[PDB]
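The following structure: dihydrotestosterone with Androgen receptor.
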Amino acid sequence: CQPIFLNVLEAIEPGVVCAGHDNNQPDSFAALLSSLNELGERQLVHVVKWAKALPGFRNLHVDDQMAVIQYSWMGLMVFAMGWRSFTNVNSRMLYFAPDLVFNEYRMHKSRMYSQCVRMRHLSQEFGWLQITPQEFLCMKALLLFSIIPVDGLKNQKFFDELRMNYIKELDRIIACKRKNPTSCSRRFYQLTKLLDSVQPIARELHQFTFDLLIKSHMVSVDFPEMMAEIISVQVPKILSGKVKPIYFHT
Amino acid sequence: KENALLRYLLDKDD
Ligand SMILES: C[C@]12CCC(=O)C[C@@H]1CC[C@@H]1[C@@H]2CC[C@]2(C)[C@@H](O)CC[C@@H]12
């Protein structure tokens, strides 16, 4: 009676990814943001390899596979970053990468202090709720299937079945090692609330990156190849209401 | 697909 599903998620979990930032140089808006964009491109490559290895993922239509990756990367990366911050610096700072750790001073220099405050808060939730490594892994996987277009995907049916199974697994991690049914229901309630709080944060970051892309030539900020294309084509659909997140609560 | 690079990353074996 081994955790086949959990074994897989643990086995495919990406490793450490550096941004290539030079902490030796004085912090400047352009340098910090250029480093974040580069980190995004690097983690994006890792999110693709991780996703392809997820149970059932290759069952979706190829066009849908690219759609969920293009729409949910922000949320996925913010959630993982929140976990890294918690486990590494106990949510004291934002652990984007080993060579890119944000303190209060960098949060201000990046011109996105408010958004950083919410990310730090999410990170603190991992501690306040005592989120376990297993629960973390399952929630992150579910985040890949939490945002889609209102007009539906090419094969909406396969997607619905896939998302339904992942919610079921999360239920399994909570159900097991817990006799009291009231505590199970309470736990599911708390975790679904946690997952929903990720969406508002991702939207604010979407708006911010989109605006920066438009005026990137003025602030001397560079956007990688894939990043610039996703933000100019996919992100706008999110901001115009064409693509929306799936919330458990209202 | 549209995002040529991304599309390549998906169908490429690693
Ligand atoms: C996803 C990244 C990079 C990977 C990560 O750890 C989370 C973090 C959240 C803020 C993003 C950043 C990538 C580059 C962005 C999109 C900047 O343009 C503005 C917001 C930044």
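In what follows, chains carry the letters A, B, and so on, assigned in the order in which the sequence lines appear, proteins first and then strands, with residues in each chain numbered from 1. Read the numbers this way: they start at 1 and go in the same order the structure lists the ligands and their atoms. For this deposited structure, the header notes the method as X-ray crystallography, 2.1 Å.
By chain letter, those with a heavy atom nearer than 4.0 Å to dihydrotestosterone (ligand 1) are A. Looking only at heavy atoms of the protein, atom 11 (C) of dihydrotestosterone (ligand 1) is closest to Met74(A) SD, 4.3 Å. For dihydrotestosterone (ligand 1) and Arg84(A), the ligand atoms under 4.0 Å from any heavy atom of the residue are 6 (O). Using a 4.0 Å cut-off between heavy atoms, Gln43(A) contacts dihydrotestosterone (ligand 1) through its side chain alone, with no backbone atom that close. Set against the non-hydrogen atoms of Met81(A), the atoms of dihydrotestosterone (ligand 1) under 4.0 Å away are 6 (O). In this structure, atom 13 (C) of dihydrotestosterone (ligand 1) is in close contact with the protein, since a protein heavy atom lies within 4.0 Å of it. Most residues contacting dihydrotestosterone (ligand 1) in chain A map to the UniProt domain NR LBD.
Less than 4.0 angstrom separates some heavy atom of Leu36(A) from each of these atoms of dihydrotestosterone (ligand 1): 13 (C), 14 (C).
Measured by heavy atoms, dihydrotestosterone (ligand 1) lies under 4.0 Å from these UniProt 17beta-hydroxy-5alpha-androstan-3-one-binding residues of chain A: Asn37(A), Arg84(A), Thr209(A). When only non-hydrogen protein atoms are considered, atom 16 (C) of dihydrotestosterone (ligand 1) lies nearest to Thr209(A) OG1, 3.4 Å.
In this structure, atom 21 (C) of dihydrotestosterone (ligand 1) is not in close contact with the protein, since no protein heavy atom lies within 4.0 Å of it.
Protein heavy atom nearest atom 1 (C) of dihydrotestosterone (ligand 1), with residue, atom name and distance: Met77(A) SD, 3.7 Å.
Distances below 4.0 Å separate heavy atoms of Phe208(A) from the following atoms of dihydrotestosterone (ligand 1): 19 (C). The nearest heavy-atom contact from the protein to atom 10 (C) of dihydrotestosterone (ligand 1) is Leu205(A) CD1, 4.1 Å. In terms of polar-atom proximity, defined here as any N/O pair under 3.5 Å, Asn37(A) does make such a contact with dihydrotestosterone (ligand 1).
Other-chain residues and nucleotides with a heavy atom under 4.0 Å from dihydrotestosterone (ligand 1) are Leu33(A), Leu36(A), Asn37(A), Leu39(A), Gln43(A), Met74(A), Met77(A), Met81(A), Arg84(A), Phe96(A), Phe208(A), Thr209(A).
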